[PDB]
A.B. asks: 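Looking at a complex of loreclezole and Gamma-aminobutyric acid receptor subunit rho-1 here.
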Amino acid sequence: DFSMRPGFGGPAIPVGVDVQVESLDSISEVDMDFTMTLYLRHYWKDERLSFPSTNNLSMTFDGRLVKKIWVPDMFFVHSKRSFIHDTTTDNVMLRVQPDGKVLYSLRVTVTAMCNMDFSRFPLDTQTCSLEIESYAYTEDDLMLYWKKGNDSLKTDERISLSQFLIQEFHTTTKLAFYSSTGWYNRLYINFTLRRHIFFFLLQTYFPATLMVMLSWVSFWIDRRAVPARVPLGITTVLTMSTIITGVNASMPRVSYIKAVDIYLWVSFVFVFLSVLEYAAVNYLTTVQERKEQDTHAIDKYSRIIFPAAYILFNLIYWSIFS
Amino acid sequence: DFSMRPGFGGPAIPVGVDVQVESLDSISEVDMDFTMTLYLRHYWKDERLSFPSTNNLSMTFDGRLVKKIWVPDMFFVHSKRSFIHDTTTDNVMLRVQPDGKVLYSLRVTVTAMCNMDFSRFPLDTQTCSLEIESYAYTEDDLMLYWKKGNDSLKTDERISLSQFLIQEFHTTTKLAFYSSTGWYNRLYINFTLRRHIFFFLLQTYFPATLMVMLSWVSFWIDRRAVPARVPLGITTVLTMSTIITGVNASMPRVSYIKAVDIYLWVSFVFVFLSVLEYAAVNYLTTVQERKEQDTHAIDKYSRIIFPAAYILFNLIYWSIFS
Amino acid sequence: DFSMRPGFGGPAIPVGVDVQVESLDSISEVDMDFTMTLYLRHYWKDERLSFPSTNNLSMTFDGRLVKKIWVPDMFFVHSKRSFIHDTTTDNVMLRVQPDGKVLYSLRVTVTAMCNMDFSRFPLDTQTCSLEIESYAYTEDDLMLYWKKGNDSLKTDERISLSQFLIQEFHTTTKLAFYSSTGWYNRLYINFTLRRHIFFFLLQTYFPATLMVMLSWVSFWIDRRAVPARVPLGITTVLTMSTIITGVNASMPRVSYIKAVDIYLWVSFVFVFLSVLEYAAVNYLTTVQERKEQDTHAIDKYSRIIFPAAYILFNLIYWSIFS
Amino acid sequence: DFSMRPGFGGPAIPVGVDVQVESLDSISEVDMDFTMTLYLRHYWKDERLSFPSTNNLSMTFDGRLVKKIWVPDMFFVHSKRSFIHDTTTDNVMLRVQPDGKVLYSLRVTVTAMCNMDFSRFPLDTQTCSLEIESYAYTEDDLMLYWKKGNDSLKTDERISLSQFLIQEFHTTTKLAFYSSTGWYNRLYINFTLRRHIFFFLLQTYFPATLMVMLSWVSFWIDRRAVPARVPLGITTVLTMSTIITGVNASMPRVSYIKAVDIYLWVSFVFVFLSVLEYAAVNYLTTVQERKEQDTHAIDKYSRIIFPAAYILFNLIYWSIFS
Amino acid sequence: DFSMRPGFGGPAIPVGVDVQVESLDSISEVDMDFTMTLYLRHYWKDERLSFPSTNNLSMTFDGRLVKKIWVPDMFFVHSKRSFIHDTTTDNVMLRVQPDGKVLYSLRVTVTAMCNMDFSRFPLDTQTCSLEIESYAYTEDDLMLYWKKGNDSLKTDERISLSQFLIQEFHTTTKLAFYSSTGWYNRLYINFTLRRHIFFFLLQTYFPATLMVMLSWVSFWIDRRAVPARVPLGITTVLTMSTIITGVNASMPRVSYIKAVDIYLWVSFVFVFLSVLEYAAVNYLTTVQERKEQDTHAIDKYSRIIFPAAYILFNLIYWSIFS
Ligand SMILES: Cl/C(=C\n1cncn1)c1ccc(Cl)cc1Cl
Ligand SMILES: Cl/C(=C\n1cncn1)c1ccc(Cl)cc1Cl
Ligand SMILES: Cl/C(=C\n1cncn1)c1ccc(Cl)cc1Cl
Ligand SMILES: Cl/C(=C\n1cncn1)c1ccc(Cl)cc1Cl
Ligand SMILES: Cl/C(=C\n1cncn1)c1ccc(Cl)cc1Cl
Ligand SMILES: CCCCCCCC
Ligand SMILES: CCCCCCCC
Ligand SMILES: CCCCCCCC
Ligand SMILES: CCCCCCCC
Ligand SMILES: CCCCCCCC
Ligand SMILES: CCCCCCCC
Ligand SMILES: CCCCCCCC
Ligand SMILES: CCCCCCCC
Ligand SMILES: CCCCCCCC
Ligand SMILES: CCCCCCCC
Ligand SMILES: CCCCCCCC
Ligand SMILES: CCCCCCCC
Ligand SMILES: CCCCCCCC
Ligand SMILES: CCCCCCCC
Ligand SMILES: CCCCCCCC
Ligand SMILES: CCCCCCCC
Ligand SMILES: CCCCCCCC
Ligand SMILES: CCCCCCCC
Ligand SMILES: CCCCCCCC
Ligand SMILES: CCCCCCCC
Ligand SMILES: CCCCCC
Ligand SMILES: CCCCCC
Ligand SMILES: CCCCCC
Ligand SMILES: CCCCCC
Ligand SMILES: CCCCCC
Ligand SMILES: CCCCCC
Ligand SMILES: CCCCCC
Ligand SMILES: CCCCCC
Ligand SMILES: CCCCCC
Ligand SMILES: CCCCCC
Ligand SMILES: [Cl-]
């Protein structure tokens with residue numbers, strides 16, 4: 001009866017795992033998941049599978065035999081969807097040796113949930129993992145381990161992504177507990193991710209800075225030229241508002257506060273204050289004309305104060321986000 | 001014949017349910033649904049499943065036995081789509097004890113319809129539920145209950161969402177009736193949802209307020225400077241219209257009136273009225289010049305009246321939506 | 001042989017239908033279809049299904065028996081896609097009575113084609129239907145009818161949609177003909193749909209109207225102030241063009257002429273004419289100065305003529321679309 | 001052995017086809033394909049299927065018999081995806097007559113590749129086709145033809161599309177050759193498509209034309225009014241650029257040159273030239289003032305030359321695209 | 001036992017491949033993959049499949065026989081998803097000759113990963129490939145080759161794409177190694193891709209260039225006209241910012257630096273510098289008036305220097321990207 005595991009009732013059966021990674025097919029920021037294609041290999045010794053031959057060499061069967069014999073039942077923990085490839089036929093392999101050591105191999109694609117924090121965007125780093133576990137059998141019945149330690153993971157040379165950079169592949173293990181079912185062995189495949197920083201500096205942190213620098217030109221124009229100093233500021237407000245909407249249309253769409261939002265909103269406040277400045281100046285000059293019937297003090301102070309505050313802002317901001 | 005339930009013809013069979021929640025995979029606002037992955041467990045006593053062993057301990061089978069024996073038929077009420085995971089094999093478990101107490105377990109993902117009201121957006125709170133029912137059998141044949149009361153629900157520590165905050169998981173039960181079929185027992189899994197308010201305050205309720213404040217600067221400029229007071233107002237109208245279209249491009253897309261729409265439209269009316277104000281002033285000054293051949297009264301009254309009305313608006317608005 | 005219908009060769013077998021509607025899952029305007037989840041019930045009398053019991057009460061089987069016995073073959077006319085739910089097992093029920101009266105029940109989701117006319121958008125009303133027919137058997141072999149007349153349809157209390165309002169559920173029947181196959185009986189489920197009008201009035205018919213009102217302010221400014229009357233009109237053109245593009249980005253995307261398009265284009269023409277007006281005025285004043293070396297007549301006539309024409313436009317427009 | 005065709009080894013078996021079209025479900029411009037739902041019927045005479053009855057009338061089986069007997073193997077040439085409907089059961093019909101004439105019928109949806117040329121957009125016309133072929137058997141084994149000539153195609157009265165107009169359904173046949181396999185018979189279903197022209201005239205060819213007409217107003221304003229003639233032109237440039245981006249956001253997205261692109265770019269050049277015109281005029285007047293210390297000739301020539309060139313452009317353009 | 005290959009234990013079985021390409025269904029730039037539909041053919045000699053007939057001619061079976069006999073197990077290396085077509089029945093063919101030479105044929109669609117570099121966009125060229133391999137058997141058991149060399153690939157005459165141009169189809173072979181499994185034979189189908197350059201020149205490299213040319217007009221306007229030279233520059237900044245956001249909304253969405261980005265950002269810097277220029281000029285004139293109580297030198301130098309620098313930029317840029 002190939003429904004009972006090898007060594008039933010006695011000690012747990014040692015099953016060993018080997019993995020090779022093919023590709024990383026996609027990543028979704030809004031749904032917080034990633035998709036991967038890999039090869040998965042198993043090993044064990046079963047005597048009901050022995051045969052009399054002198055060759056001392058393995059012999060090959062396929063998926064049809066897999067539905068007759070007994071086989072492990074690993075599954076992917078914290079997955080959203082997976083499948084096994086089937087063209088032009090099932091991507092399954094089964095090799096059987098004279099002494100009874102089986103090898104069993106699959107090709108699969110998995111989508112796995114990854115929790116991500118965007119508060120430092122775009123200067124963040126994300127960490128993700130793939131988890132492997134047996135579904136039905138506890139650690140007293142089935143024992144699970146990496147076949148050759150840290151060397152039981154292999155990775156493909158052309159694995160790439162359009163939005164990210166990948167580094168630091170390694171394996172770990174950990175024991176897990178379910179309250180209604182027991183203690184299970186679990187294996188992990190970990191890696192790290194990062195973005196192209198110097199592109200975001202030019203896409204977002206550059207136009208805003210130029211706009212704030214453009215609002216300071218007003219302090220050097222003659223206060224007598226009202227039809228020239230009034231339209232300049234409000235057009236500058238318009239430009240900055242347009243920019244803040246273009247950046248939002250090109251970003252992934254997240255609804256809590258991010259690093260880049262802070263910088264843009266502060267630049268906006270600097271440009272709004274410049275408009276209030278000249279309104280004060282105009283009003284004071286006008287009441288002086290009325291009272292009686294050279295650069296203004298507020299102009300020659302603004303020319304110093306505004307840039308220095310912006311410089312202080314930048315120092316603190318980049319001390320916090322580094 | 002494992003087509004007749006245990007206890008056929010006599011009294012109803014008691015079946016008990018246990019649940020553990022894995023993840024919340026996605027939420028759709030336009031279609032009004034959510035997607036969830038969970039583990040589902042059942043329990044009962046059947047004597048046709050007894051076997052002679054002294055061990056007083058459970059013994060394990062899998063999905064192939066499930067197609068031979070009799071098994072409950074629960075289903076998900078008010079679901080749009082669901083499925084059972086099958087890699088690397090069916091995520092199914094079956095454990096059978098010497099006295100005949102069966103345990104049966106599945107891994108599944110469900111999308112369930114949730115009715116939502118957006119009239120208070122973005123200050124709303126949404127309530128959603130998952131419902132479990134037997135398809136074929138009434139309460140006189142099958143009896144359904146939570147195995148250990150309020151403690152029959154377990155939830156994962158890293159359950160998270162990018163747009164929402166989750167709280168208040170608990171269980172309830174209720175009897176249900178179909179007119180052509182009878183009375184059935186139903187179980188419920190309830191929870192609550194909310195948004196990040198202080199992000200929306202800065203994304204939407206901040207730029208508009210600054211714009212209305214910018215339209216008030218006009219009352220302090222000299223009425224003699226026509227080429228300076230005329231372009232200011234119409235450029236301010238342009239800026240506010242641009243803003244009202246950016247917010248609409250970044251929101252989920254709903255076609256009845258929402259809280260945030262009201263605030264934006266009222267700000268728009270304030271800016272339109274400021275333009276009509278100076279047109280009155282200009283016309284009156286001009287006819288005075290013609291008649292005959294200092295700040296105007298309407299200017300020095302507007303400087304008080306406009307801000308006070310806006311303050312009254314804000315008081316009432318936040319008294320209504322709190 | 002359960003491949004021959006009950007009453008083969010003699011008279012047609014009467015089969016009766018009962019329906020209960022669960023939810024309306026989605027609607028697509030571009031592809032012209034809707035998606036629905038319902039319960040579907042059948043009834044008939046078959047003697048090969050009789051059994052000797054005294055109970056005078058029905059007894060329950062499930063989907064496995066359905067593959068052995070004979071069963072109707074209804075299908076959904078003018079559907080694009082459908083399916084039967086299968087978690088945690090097939091959503092199928094079969095109840096069999098001592099005298100041989102079978103009851104058979106399914107849970108299904110269907111997407112059905114609905115032809116829609118958008119010429120009156122957004123003041124339109126759409127009518128849609130679900131059609132049920134037997135695939136293989138003509139009216140001389142199988143007879144199909146509603147079990148209890150108008151009362152054979154039941155509907156759920158919380159059926160809702162985010163963009164529409166639903167009303168007027170009722171049933172009808174009609175005989176249908178295929179040229180290569182014969183006459184068949186058909187059943188229908190009809191209902192009506194409508195939009196939230198007073199939201200569209202504020203989203204689209206309000207900003208344009210304010211813009212046209214803003215273009216009339218120019219007639220009251222002094223014709224001597226050229227740098228003040230020239231930029232006003234062209235900025236107003238810019239604002240109206242921006243608005244006409246935002247509305248188009250927020251609508252469903254249809255490529256023939258709709259009611260709302262007409263109103264927007266007419267407003268655009270009014271604003272373009274205002275610019276041509278002042279160009280005439282300026283030119284005439286200038287040639288007068290040249291000839292020789294008070295309000296202009298065209299100004300004081302425009303102040304009356306423009307609003308009156310707009311009022312005439314609105315009267316006719318709302319007499320046509322009501 | 002129902003694996004050998006009727007008439008094996010001798011002459012080819014005549015199989016006849018009949019078709020009725022239900023709906024046209026969708027069209028994709030970017031991927032260049034369309035999706036269709038239809039009924040497909042076959043006919044032939046097989047003697048291994050004869051039975052002794054006097055009725056001289058056909059008798060009905062279904063899909064389960066289809067898996068036992070022999071049946072044709074038609075397939076859809078140049079399809080991307082297809083399927084057969086299966087709710088509430090397989091949409092399959094089989095009718096068998098006393099003399100052995102079989103009728104066999106299916107309901108299916110197909111997506112078929114259609115090659116399209118967009119160079120004349122939006123004044124184009126597209127032609128598409130559906131192709132039917134036998135997969136395994138050459139013209140010496142299986143003979144394929146339309147059952148009743150041009151009358152073997154039927155079409156539904158409410159077939160409609162939201163973006164197109166459909167006309168000219170007819171059938172054709174053609175012999176085809178594969179180099180590694182042989183000569184096969186092929187059947188075709190052809191039709192024609194077109195757009196709503198007079199909507200595109202108003203959506204795209206109208207605003208641009210008004211803008212070019214607005215740039216000509218500048219020639220009639222007094223050259224002495226620099227602060228009035230300078231902002232007019234550059235604001236007009238801004239408006240035209242905005243328009244050219246809105247049209248691009250509402251079109252299907254194709255990356256070679258189209259008819260409508262040409263018209264928009266030429267209008268853009270006309271508006272840019274108007275700005276250069278006044279710059280010349282201003283410079284010449286200024287140097288005249290300097291030299292010494294009425295309408296300008298370039299103004300009164302532009303008033304004639306610009307409109308006449310635009311009229312010439314329109315004549316040629318509509319002579320080419322008609 | 002048709003589970004052992006022909007020639008088991010002795011020498012490897014020679015299997016030969018032939019391919020014909022139907023269509024190229026789609027391409028995704030963000031996910032870096034392409035989708036293809038093709039016919040795939042195999043050949044070999046097996047004696048357990050011989051039959052006694054004099055005809056010296058092949059005889060036809062179908063997919064049902066394929067599940068009984070032994071058959072190769074090729075698969076698609078570096079694929080994301082594939083499938084075999086099944087309407088109206090499995091697209092499978094099997095022809096068997098008196099001497100035992102089998103022919104076996106399939107119709108399939110595959111999506112295959114293609115690594116792409118966008119740094120030269122839009123002047124890039126991409127190279128892609130399709131790879132074929134045996135899953136279970138090494139080169140000592142199964143030998144794989146192209147049936148007729150370079151002539152074993154055929155391609156369809158109407159293969160086309162909406163965004164690209166296709167050229168250079170040819171075949172290659174290469175031996176491959178897996179560390180846990182052995183050496184395998186691999187076949188390749190290669191081709192080349194390119195874009196429509198002269199469309200992108202007009203869509204992107206034309207408006208920016210005109211804008212930079214428009215910013216140079218300012219050097220020829222009289223420095224005394226402040227209300228005419230100040231609004232011109234800031235409106236030009238606004239126009240250029242708008243343009244840079246429209247291009248980004250119409251491109252595929254990639255997050256590292258591309259060729260076209262560089263050109264746009266440099267144009268932006270030229271327009272910002274023009275505004276700073278007149279601010280210097282105005283300030284110097286004003287202090288001169290104050291000191292004392294003709295074209296400026298910076299104006300007549302700018303008129304030469306700005307265009308020459310832009311010309312130098314273009315020379316270098318097109319020397320680098322050619
Ligand atoms: Cl971010 C934005 C506008 N939005 C664009 N899309 C959605 N909201 C905004 C927020 C704060 C401030 Cl200070 C200025 C601006 Cl313009
Ligand atoms: Cl909300 C909008 C424009 N739209 C943008 N997308 C769709 N409509 C609008 C509505 C009312 C008022 Cl008072 C002002 C404006 Cl700008
Ligand atoms: Cl509706 C549009 C521009 N488009 C925006 N998206 C696509 N086209 C338009 C059409 C006619 C008139 Cl009179 C004015 C305008 Cl602005
Ligand atoms: Cl069509 C476009 C801008 N784009 C908008 N989306 C993508 N590019 C443009 C092209 C040529 C000319 Cl002469 C003027 C303009 Cl504004
Ligand atoms: Cl490209 C962009 C704005 N963005 C539009 N969408 C996203 N960012 C920008 C970047 C650099 C410079 Cl110098 C100018 C501009 Cl306007
Ligand atoms: C979490 C602090 C946000 C501060 C935003 C300030 C915007 C001017
Ligand atoms: C709105 C501007 C008011 C300026 C007042 C300045 C008083 C010192
Ligand atoms: C932000 C500028 C403040 C200038 C204050 C000047 C007081 C004399
Ligand atoms: C939540 C961190 C806010 C940091 C603000 C920094 C302002 C310079
Ligand atoms: C339901 C009341 C809506 C009021 C909208 C007012 C817009 C100015
Ligand atoms: C359009 C402005 C008219 C202003 C008239 C004011 C009469 C008191
Ligand atoms: C909204 C301002 C009204 C001002 C009225 C002044 C009447 C003298
Ligand atoms: C439907 C509620 C409208 C509330 C309007 C509040 C205006 C201050
Ligand atoms: C079908 C009549 C359309 C009229 C459009 C008029 C646009 C100014
Ligand atoms: C382009 C404006 C011309 C105005 C001419 C008016 C002649 C009565
Ligand atoms: C649309 C306004 C026309 C004004 C005509 C005035 C003729 C004296
Ligand atoms: C096709 C109907 C056009 C109606 C135009 C109404 C103009 C007032
Ligand atoms: C194929 C000719 C294109 C011409 C484009 C001209 C744009 C000004
Ligand atoms: C940039 C404008 C220069 C105009 C020069 C005109 C010489 C006839
Ligand atoms: C495009 C207008 C050209 C005008 C030339 C005038 C030469 C005196
Ligand atoms: C490729 C056709 C170009 C036609 C240009 C027509 C310009 C009037
Ligand atoms: C990799 C060099 C980028 C240079 C960008 C310059 C933008 C002004
Ligand atoms: C912000 C403009 C300052 C110009 C100073 C020029 C000194 C030579
Ligand atoms: C970019 C223009 C520089 C002009 C310098 C002029 C120095 C006299
Ligand atoms: C990474 C290549 C940068 C090339 C810059 C060229 C500037 C002319
Ligand atoms: C905004 C500056 C105000 C200065 C008041 C003296
Ligand atoms: C004259 C003060 C200049 C300040 C520059 C930061
Ligand atoms: C808009 C203010 C009008 C005042 C009339 C006296
Ligand atoms: C002079 C009146 C000022 C009012 C500020 C709200
Ligand atoms: C646009 C008005 C023109 C009037 C001609 C007398
Ligand atoms: C003086 C005429 C006013 C007209 C208002 C509609
Ligand atoms: C742009 C017109 C220039 C005329 C030179 C005489
Ligand atoms: C005075 C010339 C007018 C030309 C109109 C096309
Ligand atoms: C921007 C030009 C400055 C020149 C200083 C002499
Ligand atoms: C007078 C100098 C002109 C320079 C044109 C590039
Ligand atoms: Cl001025």
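Reminder, nothing fancy here: chain letters follow the sequence lines and each chain counts from 1. Whatever order the structure lists ligands and atoms in, that order sets their numbers, starting from 1. The figures that follow rest on heavy atoms only: side chains count, while hydrogens, waters and symmetry mates do not.
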A.B. asks: Which of the ligands or chains here are copies of loreclezole?
C.D. replies: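 Counting all copies, it's at ligands 1, 2, 3, 4 and 5.
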A.B. asks: Which other chains line loreclezole (ligand 1) with heavy atoms at under 4.0 Å?
C.D. replies: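 Going by non-hydrogen atoms, A, B.
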A.B. asks: Identify the binding-site residues of loreclezole (ligand 1) at 4.0 Å, heavy atoms only.
C.D. replies: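 Non-hydrogen contacts come from A:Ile244, A:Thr245, A:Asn248, A:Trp265, A:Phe268, B:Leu202, B:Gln203, B:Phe206, B:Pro207, B:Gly246, B:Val247, B:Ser250.
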A.B. asks: Tell me which transmembrane segments of chain B, counted from the N terminus as in UniProt, lie closer than 4.0 Å to loreclezole (ligand 1) in heavy-atom terms.
C.D. replies: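 With UniProt numbering and heavy atoms: 1, 2.
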A.B. asks: In the protein, what heavy atom is nearest to atom 5 (C) of loreclezole (ligand 1), and what distance, to one decimal place, separates them?
C.D. replies: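 In this structure, atom 5 (C) of loreclezole (ligand 1) has A:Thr245 CG2, 3.5 Å as its nearest protein heavy atom.
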A.B. asks: Find all atoms of loreclezole (ligand 1) within a distance of less than 4.0 Å from any non-hydrogen atom belonging to B:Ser250, and give their numbers and elements.
C.D. replies: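 Atoms satisfying the 4.0 Å criterion: 7 (C).
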A.B. asks: Go through loreclezole (ligand 1) atom by atom and flag the ones less than 4.0 Å from a non-hydrogen atom of A:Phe268.
C.D. replies: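 Counting from 1, the qualifying ligand atoms are 13 (Cl).
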A.B. asks: I'd love to know the other ligands and ions under 4.0 Å from loreclezole (ligand 1), if any.
C.D. replies: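 Neighbours of loreclezole (ligand 1): none.
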A.B. asks: Return the closest protein heavy atom for atom 12 (C) of loreclezole (ligand 1) as residue, atom name and distance.
C.D. replies: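 Atom 12 (C) of loreclezole (ligand 1) sits closest to the protein heavy atom A:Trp265 CD1, 3.9 Å.
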A.B. asks: Which of the atoms in loreclezole (ligand 1), numbered in the order shown and given with their element, are less than 4.0 Å from a heavy-atom of A:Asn248?
C.D. replies: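 Heavy-atom distances to A:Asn248 below 4.0 Å select 1 (Cl).
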A.B. asks: For atom 6 (N) of loreclezole (ligand 1), grab the closest protein heavy atom and report residue, atom and distance to one decimal in Å.
C.D. replies: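 So the nearest neighbour among protein heavy atoms is B:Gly246 O, 3.7 Å.
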A.B. asks: Give the source organism of chain B as listed in the PDB entry.
C.D. replies: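 The entry records the organism as Homo sapiens.
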A.B. asks: Of all the atoms in loreclezole (ligand 1), which lie at a distance below 4.0 Å from a heavy atom belonging to B:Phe206?
C.D. replies: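 The list of qualifying atoms is 13 (Cl).
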A.B. asks: Could you check atom 10 (C) of loreclezole (ligand 1) against the protein and tell me its nearest heavy-atom contact, residue, atom and distance included?
C.D. replies: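 The answer is B:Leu202 O, 3.5 Å.
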A.B. asks: Please write down residue, atom name and distance for the protein heavy atom closest to atom 8 (N) of loreclezole (ligand 1).
C.D. replies: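 For atom 8 (N) of loreclezole (ligand 1), the nearest protein heavy atom is B:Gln203 NE2, 3.2 Å.
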A.B. asks: Can you report which non-hydrogen protein atom sits closest to atom 2 (C) of loreclezole (ligand 1), along with the distance?
C.D. replies: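 Checked against all protein heavy atoms, atom 2 (C) of loreclezole (ligand 1) sits closest to A:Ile244 CG2, 3.5 Å.
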A.B. asks: Taking a heavy-atom cut-off of 4.0 Å, which of the residues UniProt lists as 4-aminobutanoate-binding in chain B lie that close to loreclezole (ligand 1)?
C.D. replies: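 The UniProt 4-aminobutanoate-binding residues passing the heavy-atom test: none.
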